[PDB]
Structure formats: structure tokens, C-alpha cells
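Structure follows of topotecan associated with ATP-binding cassette sub-family C member 4.
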Amino acid sequence: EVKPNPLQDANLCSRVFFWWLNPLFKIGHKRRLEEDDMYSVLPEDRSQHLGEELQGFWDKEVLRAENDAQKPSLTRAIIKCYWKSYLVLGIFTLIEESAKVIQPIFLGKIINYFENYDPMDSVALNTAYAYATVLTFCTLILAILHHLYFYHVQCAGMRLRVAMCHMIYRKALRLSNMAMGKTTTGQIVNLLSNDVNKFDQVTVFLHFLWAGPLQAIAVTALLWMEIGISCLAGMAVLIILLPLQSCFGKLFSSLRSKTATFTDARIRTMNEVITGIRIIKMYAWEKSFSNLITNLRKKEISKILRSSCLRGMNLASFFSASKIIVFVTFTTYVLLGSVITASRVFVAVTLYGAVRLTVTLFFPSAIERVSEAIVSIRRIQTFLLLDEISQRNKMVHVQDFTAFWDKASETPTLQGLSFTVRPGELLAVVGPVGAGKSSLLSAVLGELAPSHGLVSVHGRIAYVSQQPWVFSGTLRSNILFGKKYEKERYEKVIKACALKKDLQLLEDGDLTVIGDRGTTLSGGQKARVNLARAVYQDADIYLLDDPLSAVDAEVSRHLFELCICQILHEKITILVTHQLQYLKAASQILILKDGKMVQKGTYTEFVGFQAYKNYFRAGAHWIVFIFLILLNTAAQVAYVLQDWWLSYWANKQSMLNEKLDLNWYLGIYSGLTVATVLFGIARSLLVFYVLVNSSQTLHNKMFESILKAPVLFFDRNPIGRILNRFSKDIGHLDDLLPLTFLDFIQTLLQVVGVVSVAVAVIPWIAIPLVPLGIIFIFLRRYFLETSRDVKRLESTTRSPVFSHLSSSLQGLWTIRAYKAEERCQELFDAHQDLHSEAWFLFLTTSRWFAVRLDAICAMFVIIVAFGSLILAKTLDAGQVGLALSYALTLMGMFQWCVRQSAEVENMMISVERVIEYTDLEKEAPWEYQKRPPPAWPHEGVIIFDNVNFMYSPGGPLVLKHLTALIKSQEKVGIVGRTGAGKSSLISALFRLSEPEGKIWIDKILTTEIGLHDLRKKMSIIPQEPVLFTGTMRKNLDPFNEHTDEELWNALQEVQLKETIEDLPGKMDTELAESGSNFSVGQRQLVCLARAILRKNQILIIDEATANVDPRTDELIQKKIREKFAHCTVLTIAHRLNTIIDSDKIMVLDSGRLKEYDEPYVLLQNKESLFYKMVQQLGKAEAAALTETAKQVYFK
Ligand SMILES: CC[C@@]1(O)C(=O)OCc2c1cc1n(c2=O)Cc2cc3c(CN(C)C)c(O)ccc3nc2-1
């Protein structure tokens, strides 16, 4: 075994404590870990073994189902597989529940000793030590041996999950093409990504389905023997809490899906902002999108906050549920007239303290997780019952072949086809079009079957689809594609593929790892690899579907004239290519149409504290948190004082020889119950409000930072990187972190409850508390330095599994062509177990930590129990019963406290990323001092003086010293080399980066006005037109300052009015995604309509009409020159004929003004680049251009 696994040989008292895992933490404390530091899985965890074993039952089970004439049952099959195993772990669950319930009874007798106390009876004292001893071992069961057990219940989960990933993939290769036609990859990948993943989460709780109810019965029976019928009072109320928890579960799922619509509506609208940002800014339409995102968020926040109230009240039930069921029990019990006594109260408090989790949380969860598992199985069953291809599947013969992609009602995909070919001969095929162009090959592969006629083949087939496909590994590994390596074969074919030079020049040699999803190769080179793979296999049958042979290249000739015509030509081969002239070398040509063989037409026939501060300060004044800190303690102190008051009552009562004032004691006691639920519920609402209001603020402080971010921000940051923060992180700050934080705080108080009660009742506990503390601090620090990293490795090692299935599910034909399932199965198993190696660490890592938290927690109970008995002269029965009833309660809650601590610390990083967006360097203000006068653009005069511009500070100067005059209403065409200068002068004109030099517009220096004062007052028509998901009215005027008449005129200025007024909303029609119902030219016509609405005296055309039919461009040209006669127009355009009649042209290259004059005068200088560019037209049209330019003198 490559990575020997210590679990093979660790002794019991190693693996009980996971002591064997110690070396991992040592190294993980010294280093960052890597995939070689993780252990290999034990033999039985191998995907192949589990799958082959489970098939060994599911196979039998479908045999039964056919023989019994019923639909089969996968749930029975896994059960029949795991029954003989999984029952054994039930035995520990049984003894575990016993320990949970037995502890109270002996907590009775150890308290009972104090009720009978005399300092001088050693015999009674020794009995108490025996009870205290068994109380320790009972704790030791729950606190130590529980952890090995829980790991094995987790292993039932992981073992079951892995086996399904095997059987699914095994099915996926056997899957019939029809079933693949009835399927999408996303279904199988999701099934593997999620729906099998549920099998861990059922198995942790499946034993609670019986052990929980059996627990509840036992607790009621015991209590009845302690407190009579009165135990029915609490237990019935406890059981009523079970539906009530479900009632909350129902509601927020409703409101969660109700909020889903708005995060989707927000995130789509946000994605338009982030991707569209540049053109958004030029229009000055921030305020439009600012209103949308604000209103959706303010809508979203209202429902998520209204859900947050119910989510808060839910935890308040978990806070009061012990206190309510205690109160009603003893109140009834007292009203049936019993005195209250320390022994009989704390037993019930402890029995309730034990059962409460089982009925209120584990069992409610379990019935849900079982329900999600059983639905997961039934779809997996559905998948495993899809149809399959017939798995059995020197010469090739075909005869009258009549076949379909599916037996739909249309005519067969192949019809009447017959041929035979023998080795040493090449067929070629003019195949179908609009359909399976290589359908003939697909028949030879047996992807299709005859309704009539026959195909017969012998030997082994090589195939390539015209679609390329590349396997996970190196390119050499793809050239091997699992076959043995053979240097001379490999050399000869790889050289005959001319691949070495390209592979050396472009892909670093054959050792190059093929990257994620095949990223590494160019598609042109990727295509050739398929043939290189094919030829390396030296198969009997070589089937070629157009390998971009249609692409003219020396290799696409060389492969044929040397390799395919001479080397490969000995083998059986069939070729489809557009290279019809290659088929002059073909031995035979088949031409096909409508599946018919139409002719044998042979060719000759032709995180630091500051994060917390920032997050909380964003919620409220610190004065509010002071009010909040009061409520926390008030809830917690009300909680403890209730149980202390119950002790105090018992202590007074047992002192009497005479009546108690029932309505004093029960009065105050009832008060603390009402108080503890009321502060508890109030606290639980307040925390959410403070934190959720904090999330709302961070979004709005952050969202404004995004609109006012300069374009430079969106150059450096990918769209996904930004948009993820608006989906994921602010998702968490609404969905889950306020919840997780309140649950952390709630539990932390309760731990502070037990510890502080314990030191109060027994002061000298305060000494050993500090050792336990410092032990915990070093433990947490030592642990999390590793666990943080294992979770990284686990999350990483997941991604090859889905990638491999996706790649393999894309390659199905090819895999079965090489009948290579026997290996590709092994590749999946290699990936699956390597993830399982990480999952095995993830399970056992947490236990090695969790067992110590329960170790030091187990040590605490010892301290209180024997500490109480040591101080027996001083303590008194009520106070001990308080201390011990709390001490037992620590066991469960303390582990949960630190789990949420780790999860909050991890999740809190989402807040750091959000705040890092709250302070991005802004542009200058939109509105600024020295506002331009009320009609400032009144001439369209522009000066550029020594203008210098860059896409980054200190970057390359893409404008150098650019200096120009543009006169009023002048029409300035601009052109240059492709990619030279480009829009940079436009982005300078919008100040999207601040230019050096000066730009003056209508006597105003552009660098001394607000960016909306500028950008509102100049139109642009962009390189790519943009529509926004919204009304046609908003896409034309979000401010609705233009009349519908003007909006109709604009749509009537273009052709499109009578294509929009017939849409049901008319101007108010909101569009499909990206306006798919409109053509690209029509989207530019929308920008022209926008421009026609704006009627600014300045317009910029950015090369737009290259997307558009010239006849629509002709309309654009017409309407520009008609409508913008008074306007000043700048026009970057590639084809000079669009601009040949400009009053002047600027030509830019290398960032310099190569030319600026009347275009004919530029042509009149035969040295000019403009003349040269017109001469580079290479055509007599240069004369028509020249004449048209000269006419500008005279027309
Ligand atoms: C749901 C997770 C889990 O089942 C688990 O994976 O392992 C076992 C375990 C769990 C949860 C909780 N606990 C556990 O031991 C203890 C616990 C206490 C909780 C408390 C405090 N209790 C004293 C009521 C809460 O307020 C809210 C949620 C709580 N959840 C849990």
C-alpha cells in the first residue's frame, strides 16, 4: 500500500482515542499538508470492492424482481447488503442510550446521600463513592467510547456513498444512446454531486429512528416511578414541542423559497451591472440600476428579516424548552401536594435534560434525513433501470441497413445501405448532413441497430468522432490512452503526425499534463491528437470522422499522403472528409442521402478582531451591544436561577420538622420561568435584528462602492470574482451567519452556565478549571492549524471526480469504441478513492479533536462529583443537586459550542471580503462644484491639448501628446490599424481614466466638472449594443423624461416601432434574456433611438455596425445624417466608405496622430497613410473613394 494506514494495526486503546492519528497533527502543525501526507484507505473502502460487492446484491435483487414480477427495490438491496453489518452499530447505540438514562438514577442516589447526611457515617460515604464511580464510567461511555462508535456510523455513510458512485458510473457507460438522448449530463453529474451525497447525512441518525422513541418511553417510565402522574405533564409538553419544531421548519422553508425569487432577480440584475458596467457608466445610468438593486434588496431584506423572526423564535424554544417542561411538571407535582426534595427534582431535571435533545432535535432531524435519503434512492433506482446497449455489442459487411437514432415515427436514419470492405482497402463516404453525418460509422460502432438488414464486423475497432475528445492525463497518456508504451511505434506515428514540433513549440512536449477540462490544447491541435491516439492503437478497423481534415494544412495533407495512404492503408479503414480530392486516392466512395445509399460513386464517375468590530459597528451603536450584553446574561442568569430556585426551595423544605408559603415559592418560581423564556425570546430576536441590520448596511455601503468603482477595477477583477460576492458572501450574511452566530452565543452562555454554577457551588473547582482551560486553548490552536487544511484538501480532491465523469460521459462512443470501460472504470476508482482518502481524514480528524473535548468535559464531571463528596461537611443537598444536574448537561453542549466556534470563524471570512469592497477607490463625484451652465453643450467644440491617457497609473501611454481641434458640428472620422488606439480616445473623453494633457469642451476643462455633468451631456453608440432586462421604455428612458410620442417617434425613426407596438406590453414590454427576440442590429437601433432621444450635440460611434447587415447600416447612415445634421459626430469605423465623406479624419497609430485633415487632402498627399490605406484597399474603388472625397470640395 503506497501510503500505509495506521488503522490496520493500532491497538484498541489507540483507535478508541484515535491516538494513531497523532503523527498527522505533528506534521500539520509543522507544515502545510499535501495529498501525499494523507493516508490510503483500508482495503474494504476501495470503490471497486464496494461496488462489486453491492452489485453482488443489486444484481440478485433485480433477478428476484423479474422472477417475482415486481418493480425492484434498491433500498432492499443496500439493506440486504448492510443489514448484517449495520445492526452491529445499533448495539452500541443501545448501550449508549442506557448510559444517557442510567446517569440520572445514580445522580439521584448520590444526591440522596446528602439528604440523609451525617458527617460520621463512613459506610454511607463509601456507598456514595461507588455511585460516584459508576457515574464516572457512565460519563466515560458517552465521553470516550461514543467517539469510536460515531466514526463507524460515519463509515457506514461513506461506504454507502462510495459504492453508489461506483455503480452509477458503471451504469453510465452501459447506458443506451437512447437513454443518453433521454438524459442530460447535468442530471447524472448532479446525481453524483448531490443526490448520492445525502447518504452520509442519513446514516448518522438512522439508529435514532428506533433508539429515540425507545429512549422517550424509558424516561417516562422511570419518571413515573419518581414523580407519579406528574411526569406526564412534562413529557406530554415535551412531545408537543416536536410538532412545533416542525411548524417552524415548514414556515421558513416557505419564506426561504419566497426569498429565492428575489436573490435570483437581484443576482441577475447585478450580473448585468457587473458585466455591463462600462457602458452603464457612459450613459450615467447608475441611478437607474441603483434604484433597482436598492428596491429588490429592500424587498428581499423584508422577507428575510420576517423569516429571521421565526428563525429566532425557534432557538428560543430550544432555550426555554427545558425550563418550560420543568416548570409545568413541578408546578403540577407541587399542586398535587408533594413536598419538593432535592433528590426527586434533579433526577427529573436530568432525565429531561437527557431526553430533550433526542425528541426535540435528533429524531426530528432523522425523519427528515431518512426522507431525503429514500427519495435519493428512488431516483438512483430510476437511473439504474434505464435502458442499456447490448453489452456484448477481419472484415466489415453491411446489408440493406435500416436504422434510427430512435424509433420515432420518421423515416429511418439509414436506409437500404449495403457494402462490404476487406483489409488493405479504404472506403470513403459522402455522408448525411443536418443529421448523423457519420451515421454509417455509428452503425459500424453499434450505436445503432437495424430494424431490417444486417451489419457484421470482426476484430477490434478504432474510431474518432469529428467532435474532438481528450482524456484526463498527459498528452502522452492520451496518445497511450491506456495502451502500453512502444517507443518506435510512438516515435513513428507521433512524427508522422508532425506533432513533435507543434507539441514542442506550443505544449512543452508530450509530458505536458492535459489541463482542466482540456484547456491546454488549441482546438485545431486537439483534433489531430484524436487521430494520433487512433493510429497509435494499431487497431484492425480505423474509422475517421472529419478530423478537421477539411482544414487545409501541411499535416492534413501529410497524414494522408504518407501515413494514411501507405501506412494505415493496410488496415480496414473508412473515411468521411470534405477533402473530396483526397478520395481520388480512395479505393471506393459511398455517397449517401436521406439514409439511402445513393451511389457507389467512385471518384472517376465525375481573522483579526477588526473584522468583528467592523461587522458589529455596522449594525448599531456600541451602546446597543451593551444593551445586548445585558440581555445575554439576563437570559442565562434567569436560566440558572430557575434551577437554583428549585434547589433553594428544596433546601428550605427539607430543613422543616411546618407549611411553606406555596404562593411565595411557586410564585417566584413561575416568575423565573416567564422571565427566562421572555428574556430568552427577546434576546433571540434582538441578536438577529442587530446582525441582519448589519448585513443590510454592509450591502448598501458596499454596493455603492461598486457603481463608483472605476473601470480599472473591472479590468483587474473577473466578473465571476465580483458577482460571487453579491451571491455567495452577502448570501451568507443574510441566510446563515446571523443564525450561526446566535447559536454560538446561545451555547457559549450555557457552557458559562455550568462552569460558573459549578465554581459557585464548589469554589475550589476554580483552580483546576484553569489547567482545563489552557489545555483547551493549546488543543484548539494545535487542532485547527490542521483541520483547516484537511478541509481544504477534501474540498479540492472532490473536483476530479465530477470532471472525470463529465469528460468520460462526453466520450462514451470513443470509450466503447476501444471497449475501454475496463480501464476507464479504474481511472474513476482511482479518483474516487483518492477523495475517500481525504474523507477518511475528515471524519477521523474531527473525532481526535472531539474525543478530547469530551475528555476534558468528562474530567469536569469527575471534579464536581467527587469534589462534592470530598466537601460533604460543607455542601448541602440542594446546592449539590444543582451542581451535578448542570455538570451532566455539559457533555453534549460543550462539543457543539466549539463546532460552531470553528464554523463561525471560517464563515466570518465572508465578512472580510465584503468589507474590502466597501472602500474601493472611487471616481471623482458624479455631481461636482462649478456645474456647467444650464445649456452648456451649445456648440460641440472640443480641444485636445497634449492629451495623454493610460488604462493604469504608470501604464503604457496609449495616447501620447494627442493634440487636436474639432470644430463645431464637424464630422471627424477616425481609423487606424486593428487594435491600435481603439476606443482609448473615447474612454479618455469620458475620463474613465483621468487623462494627462487637457481636454476642453465648450470652453470647459473636462477635468473640472462632475462625471455626470459630463457623461449625461454626450451620447455614445457603443461597440456592442446593450439591452437591460426591463421594459423597452426603461431601455430607452429609465428616467421617463421623454414622451411616449418621442419614444414612438424614435422607434419609428428605426423600422422597429411596428415590431414593438404589436408586442403585448407595447413600450412596456419587458424582454427575454439579453433581448434574444431582437437582432444585434436592432439592439444598435435601440442605441440610436437612445441617441435620438438624448439629442446631445455630441455623438460617438464606436465601430458598431460591423455586426449589422449593411442595408440596416444604410438606414443607420441615412438617419444619422438626417437627424444628427446639427450634431457633432466622431466615428471610429473600419470601412472607410462609411467615413470617406467626413469633414476631416484623424488616423491614430501607436498612440500617435498619424494624420489629421480633410480626407481628400490626406489622399492628395500620396505619401499619407490615409492614401496608403486607401491604396491598401487594393482595388479600383480607391478611385471612387478619391472622387467622392474630392466632391466634398464642391457638393
Ligand atoms: C445536528 C448535528 C449533530 O447531530 C451532530 O452531527 O453530532 C451530534 C450532535 C449534533 C447537534 C447537537 N449536538 C450533538 O451532540 C448537541 C447540541 C446542542 C444544541 C443547542 C444547545 N442545547 C443544550 C440545547 C442549541 O441551542 C441549538 C442546537 C444544538 N445542537 C446540538
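Residues 7-399, 408-620, 696-746, 757-1294, in that order, are what chain A shows, numbered as in the PDB entry. Order of appearance sets the numbers: ligands from 1, and atoms from 1 within every ligand. FYI, side chains are in, hydrogens and waters are out, and symmetry mates aren't considered; it's all heavy atoms of this structure.
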Which organism of origin does this entry record for chain A?
Homo sapiens
Would you mind telling me which transmembrane segments of chain A have a non-hydrogen atom under 4.0 Å from topotecan? Number them from the N terminus as in UniProt.
3, 6, 10, 13
